[PDB]
Colleague: 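Before I ask anything, here is the structure I am working with.
So that the names make sense, note that chain A is the first sequence line, chain B the second, and so on, each numbered from 1. All ligand and atom numbering here is 1-based and tracks the order in the structure.
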2 protein chains.
Amino acid sequence: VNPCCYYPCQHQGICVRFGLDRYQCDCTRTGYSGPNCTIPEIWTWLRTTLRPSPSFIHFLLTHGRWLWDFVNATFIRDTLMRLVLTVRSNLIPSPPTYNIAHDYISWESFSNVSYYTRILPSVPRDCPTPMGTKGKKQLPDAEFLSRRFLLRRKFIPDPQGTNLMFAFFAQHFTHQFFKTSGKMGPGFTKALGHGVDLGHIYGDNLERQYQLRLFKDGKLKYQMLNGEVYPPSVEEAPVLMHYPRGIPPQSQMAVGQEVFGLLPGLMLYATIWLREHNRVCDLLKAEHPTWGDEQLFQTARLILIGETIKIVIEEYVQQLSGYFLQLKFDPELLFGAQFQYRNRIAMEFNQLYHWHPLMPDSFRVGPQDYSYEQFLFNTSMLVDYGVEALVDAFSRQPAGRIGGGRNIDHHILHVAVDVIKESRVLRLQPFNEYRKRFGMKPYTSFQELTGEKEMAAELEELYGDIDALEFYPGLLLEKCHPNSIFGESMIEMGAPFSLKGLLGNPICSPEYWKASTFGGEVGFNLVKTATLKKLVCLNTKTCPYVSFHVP
Amino acid sequence: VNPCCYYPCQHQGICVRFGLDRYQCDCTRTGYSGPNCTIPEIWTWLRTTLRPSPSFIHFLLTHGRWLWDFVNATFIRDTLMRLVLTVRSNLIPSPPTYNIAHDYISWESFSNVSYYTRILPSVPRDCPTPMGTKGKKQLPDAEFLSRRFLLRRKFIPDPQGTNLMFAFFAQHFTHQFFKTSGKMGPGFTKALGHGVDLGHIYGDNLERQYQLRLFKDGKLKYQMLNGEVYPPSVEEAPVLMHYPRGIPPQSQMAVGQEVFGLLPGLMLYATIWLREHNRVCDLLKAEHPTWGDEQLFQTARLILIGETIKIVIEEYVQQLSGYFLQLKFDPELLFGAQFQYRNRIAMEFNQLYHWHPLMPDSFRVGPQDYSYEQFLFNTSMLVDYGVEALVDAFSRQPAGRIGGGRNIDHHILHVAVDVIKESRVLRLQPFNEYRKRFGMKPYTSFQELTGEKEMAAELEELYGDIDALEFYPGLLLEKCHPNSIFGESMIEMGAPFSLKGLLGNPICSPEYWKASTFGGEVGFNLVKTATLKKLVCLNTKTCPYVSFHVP
Ligand code: HEM
Ligand code: HEM
Ligand SMILES: CCCCCCCCO[C@@H]1O[C@H](CO)[C@@H](O)[C@H](O)[C@H]1O
Ligand SMILES: CCCCCCCCO[C@@H]1O[C@H](CO)[C@@H](O)[C@H](O)[C@H]1O
Ligand SMILES: CCCCCCCCO[C@@H]1O[C@H](CO)[C@@H](O)[C@H](O)[C@H]1O
Ligand SMILES: C[C@H](C(=O)O)c1ccc(-c2ccccc2)c(F)c1
Ligand SMILES: C[C@H](C(=O)O)c1ccc(-c2ccccc2)c(F)c1
């Protein structure tokens with residue numbers, strides 16, 4: 001049997017097949033040596049035994065407000081943010097390594113941007129079991145697994161107070177770098193760009209971008225409805241949008257991300273961001289009357305990218321982490337560090353981000369309560385209520401807890417079923433292997449994974465061995481931190497991907513992070529002081545309750 | 001008038017148009033301050049006043065063999081190589097900045113790989129003169145300029161002893177990353193990859209690659225002639241090649257770079273490298289009997305990329321530079337430094353690499369002397385003589401001196417004429433501006449540029465002002481270093497572009513530079529010990545005189 005099926009190499013060592021039945025582990029720079037990269041070097045040992053557990057650190061970060069309030073007002077804040085940024089980032093290979101086609105470094109994997117990368121190589125196709133060596137010959141039925149442990153019975157709100165304003169932002173934001181190609185199959189993406197390029201606003205290709213642009217003042221095409229600004233119709237912006245057959249072009253809104261017409265929440269943000277882009281163009285023109293359409297457009301896009309990163313780190317991730325430490329977006333924090341300003345979306349990151357539990361049982365907008373059937377392909381709700389109204393409603397309605405299990409609404413449970421199926425097609429390694437790859441000890445049992453006994457027992461019977469537990473199911477069923485939105489794994493694995501994706505952007509490099517890049521001091525400050533509240537309120541007639549936290 | 005036409009901002013400061021007639025310079029991180037970034041900071045001043053001139057350093061590097069021999073044997077070698085690598089590299093912006101369409105940072109310039117980047121923004125289209133502010137309203141006729149100062153009269157051999165083996169390597173090597181698109185126009189390239197990706201061997205696109213591959217043992221297709229291995233014919237490898245109409249497919253060789261069938265010298269290297277690829281596949285299969293075609297192919301490609309970089313730095317640049325310092329290819333030399341492992345080909349780099357003066361009056365192969373008309377599209381010479389014979393001939397024939405002027409054979413003078421024309425289309429800034437951008441003082445007169453009076457006087461009459469002298473003409477007409485192949489500019493401007501292109505390759509990154517990346521210790525050593533002699537001789541029946549230096 002293939003010796004690499006036993007995942008012999010530890011601590012990022014690379015398993016290579018040699019001869020007919022042998023294997024060797026390349027422990028280069030792993031900090032370890034030995035046949036399996038398990039014998040540590042002195043420093044590797046100190047470091048690993050002095051490192052407190054993720055749970056302990058989480059505790060420190062979510063307690064002692066008074067002490068943190070002091071720390072947040074000093075340079076210690078920066079010192080810690082830089083620490084967070086570098087330690088989380090180093091866990092992500094850069095340049096990227098493997099893809100669905102190559103379980104080894106190759107020029108094709110490096111240059112071929114249509115591929116999602118992957119942190120761990122796949123489970124060799126010739127292993128005795130689907131997960132490698134452990135588990136049963138056949139994995140649990142995806143549907144059953146989903147109905148049994150992910151289906152929502154009673155809506156469980158997020159203890160951290162996360163609202164739908166956050167949920168939809170999450171969806172909107174991620175769908176700019178998660179666009180799995182149906183034509184090329186899993187493992188492939190149309191979101192070339194691999195990060196925060198705002199392609200869900202400008203399009204993932206030039207032609208579409210040009211069709212969305214006004215080519216006047218660097219602005220984006222738009223239309224007026226009830227005296228408000230909204231994305232233009234597909235009639236005025238002949239772009240491909242995924243709308244149900246039967247919906248005429250003049251009733252479709254053209255935005256950048258083909259799938260956004262499928263949710264008011266999504267089109268809401270599409271509208272907000274579009275309004276903001278045109279707004280920045282105005283400010284820019286005031287500063288540079290000699291500039292043409294291109295430069296105004298390009299420069300505005302850069303400002304919005306900056307705004308997006310700012311809001312995501314300081315407000316989105318802040319809300320999501322619940323830390324008392326004040327997260328900070330300051331590219332300069334890495335100017336003295338070794339860091340590659342590039343990023344490549346990993347398939348695991350795609351899986352991990354399927355936060356469908358966040359969606360509610362229904363959508364409350366004022367006195368009205370809308371059902372999934374009234375909400376999903378609604379082409380009028382956004383215009384009927386307008387931006388302010390929806391922002392207020394979404395900011396007030398709690399979102400469901402992500403981890404813990406049994407919390408995905410039946411209307412969208414099919415997505416989880418497909419994520420599990422894709423996982424197997426992608427031949428993703430077992431959850432415990434990913435635990436190790438991200439610095440955690442593997443779970444020794446299901447009862448340790450879940451903080452209980454009922455589900456644990458059933459999972460053990462189904463999977464047969466904790467070492468067979470799959471990636472996504474593991475993330476969603478892992479016991480949550482005290483009163484947190486999800487378990488440690490989601491953070492320990494999710495943070496590295498996110499932070500590398502945010503800071504890995506070229507505008508965060510010494511070369512780009514200059515006032516001139518954003519049209520001058522005025523443009524630079526729009527980035528440096530971006531805010532969710534300002535994003536909405538500087539573009540709406542009135543200012544509603546806007547936040548990622550429920551009131 | 002546009003204030004940026006005066007190139008007011010110094011030391012890489014960025015000129016930005018403000019209001020109707022104003023401008024501001026963004027001096028961020030330039031080491032200077034002031035309206036024009038001319039007021040040096042304390043360290044900036046020390047460094048600039050303690051830095052000896054390029055000529056002085058050149059002198060040190062080309063004298064005192066005894067001392068250098070001692071140094072080359074110590075760690076000082078590594079120390080100096082690190083220095084050269086980082087100081088030269090820091091002069092190249094990474095991520096890249098501008099392109100033919102944008103004279104400012106933009107997401108499109110960053111993501112759009114079909115564009116060549118540029119170090120200096122173009123001469124604003126609305127400047128009083130073509131070069132900005134200096135010179136005449138009309139630039140000198142390209143043809144005349146070429147016939148007057150670049151046309152070869154009497155063949156001037158390279159004093160450093162460079163041969164045609166080197167000359168053909170240079171052409172072969174560069175055409176993998178210099179592939180200007182005719183359909184898209186100047187400023188656009190088909191060599192996505194922007195570096196040493198060996199696309200001239202494997203193709204610049206998958207389809208072409210696939211057509212060139214055997215899909216067995218990871219090898220490339222090939223054919224046998226006179227018992228020797230050669231690239232296959234277009235009949236077996238249906239791939240687009242630029243051969244003159246009238247030549248049958250059976251006489252066309254398929255290699256990777258469409259234009260290589262136009263010179264025995266080029267096809268020679270195409271054959272050598274192809275033989276080497278298949279050779280490495282053999283060694284790999286011996287090591288990994290379980291490997292499939294893909295991995296064998298991919299891994300062999302990585303090894304060849306490494307071999308190419310090793311040889312280019314330790315033998316190619318060594319010969320070219322004339323330095324007594326033993327250059328060294330070692331990715332680890334940068335592991336402690338801040339360095340972006342990415343590269344983007346600059347249009348200026350393309351211009352500067354037009355080394356046509358290297359070509360001779362005719363091509364001597366043994367007793368026979370071949371004219372340009374007998375050499376250029378010869379489809380039989382390579383097979384008639386075979387690899388060993390041509391390598392020996394090309395290694396023995398001296399190549400022409402690059403700098404100095406009046407040394408380009410009339411047969412190819414038209415290329416220079418076009419380079420000058422493209423320069424104007426690309427609106428490249430004046431030579432002196434590039435001098436500054438690369439750390440040199442601008443020439444105060446033509447007589448200072450050339451080391452003489454006659455041509456100087458005529459150039460002054462034609463251009464009117466030293467500040468109007470164009471990029472390429474400046475590189476070729478600048479007085480050469482003592483007994484060197486070219487002037488300081490060629491080195492001070494080209495070295496940064498070159499070294500960055502070599503070390504800024506993903507295989508030189510901590511993540512890729514591992515034995516596992518190249519199939520193990522055996523594959524790694526092929527890179528670490530690559531040599532021009534071995535490249536040829538481990539793939540030929542007999543071993544001829546092989547070198548970049550004439551005997
Ligand atoms: C109205 C509620 C939602 C619905 C109806 C919905 C529906 C879907 C559907 C149909 C798919 C593709 C399924 C397939 O191809 O089998 C999908 C993918 C996805 N969804 Fe949702 N979703 C919702 C909310 C969310 C939220 C709140 C997030 C959190 C950021 C999210 C994140 C994702 C991700 C990351 C993907 C995969 C992206 C890709 O591979 O292209 N979804 N969703
Ligand atoms: C048999 C001798 C040679 C001939 C006939 C030749 C011919 C040409 C021609 C016809 C072009 C394109 C001209 C145009 O589009 O107007 C060209 C481009 C070029 N040549 Fe040569 N060349 C020769 C030797 C060399 C050598 C020794 C080098 C040194 C590395 C070199 C470097 C280049 C470069 C860098 C380009 C531009 C690449 C691009 O933009 O695609 N050439 N040459
Ligand atoms: C003073 C420093 C002492 C360092 C000793 C560290 C002991 C690490 O011990 C290692 O543990 C691994 C996992 O159990 C084993 O696989 C290795 O073979 C073993 O050497
Ligand atoms: C109170 C000081 C807080 C400093 C923030 C540390 C940054 C978080 O660091 C994280 O710690 C985890 C647990 O050890 C590791 O598993 C992660 O890989 C690491 O990135
Ligand atoms: C005697 C030791 C020599 C070490 C080689 C130094 C590396 C070359 O360094 C170069 O020197 C030039 C001259 O000032 C500068 O103009 C270039 O910008 C710089 O990169
Ligand atoms: C700052 C903090 C950390 O590094 O611990 C952090 C950073 C990013 C995330 C995060 C995890 C998953 C998706 C999106 C964001 C997270 F949950 C926590
Ligand atoms: C090592 C040395 C240096 O940095 O001075 C060096 C490095 C690269 C070049 C070089 C210049 C133009 C084309 C190709 C190579 C060169 F001419 C000299």
Colleague: Out of curiosity, which of varenicline, oxymetazoline, phenobarbital, flurbiprofen sits at ligand 7 here?
Modeller: flurbiprofen
Colleague: What is flurbiprofen (ligand 7) bound to in this structure, taking the chain with the most contacts and naming it as in UniProt?
Modeller: Prostaglandin G/H synthase 1
Colleague: From which other chains does some heavy atom lie less than 4.0 Å from flurbiprofen (ligand 7)?
Modeller: B
Colleague: Which membrane-spanning segments of chain B, as UniProt numbers them from the N terminus, have a non-hydrogen atom closer than 4.0 Å to flurbiprofen (ligand 7)?
Modeller: 4
Colleague: Tell me which UniProt active-site residue of chain B is closest to flurbiprofen (ligand 7) and the heavy-atom distance to 1 Å.
Modeller: B:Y353, 3 Å
Colleague: If you draw a 4.0 Å sphere around every atom of flurbiprofen (ligand 7), which residues of other chains have a heavy atom inside it?
Modeller: B:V84, B:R88, B:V317, B:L320, B:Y323, B:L327, B:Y353, B:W355, B:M490, B:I491, B:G494, B:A495, B:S498, B:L499
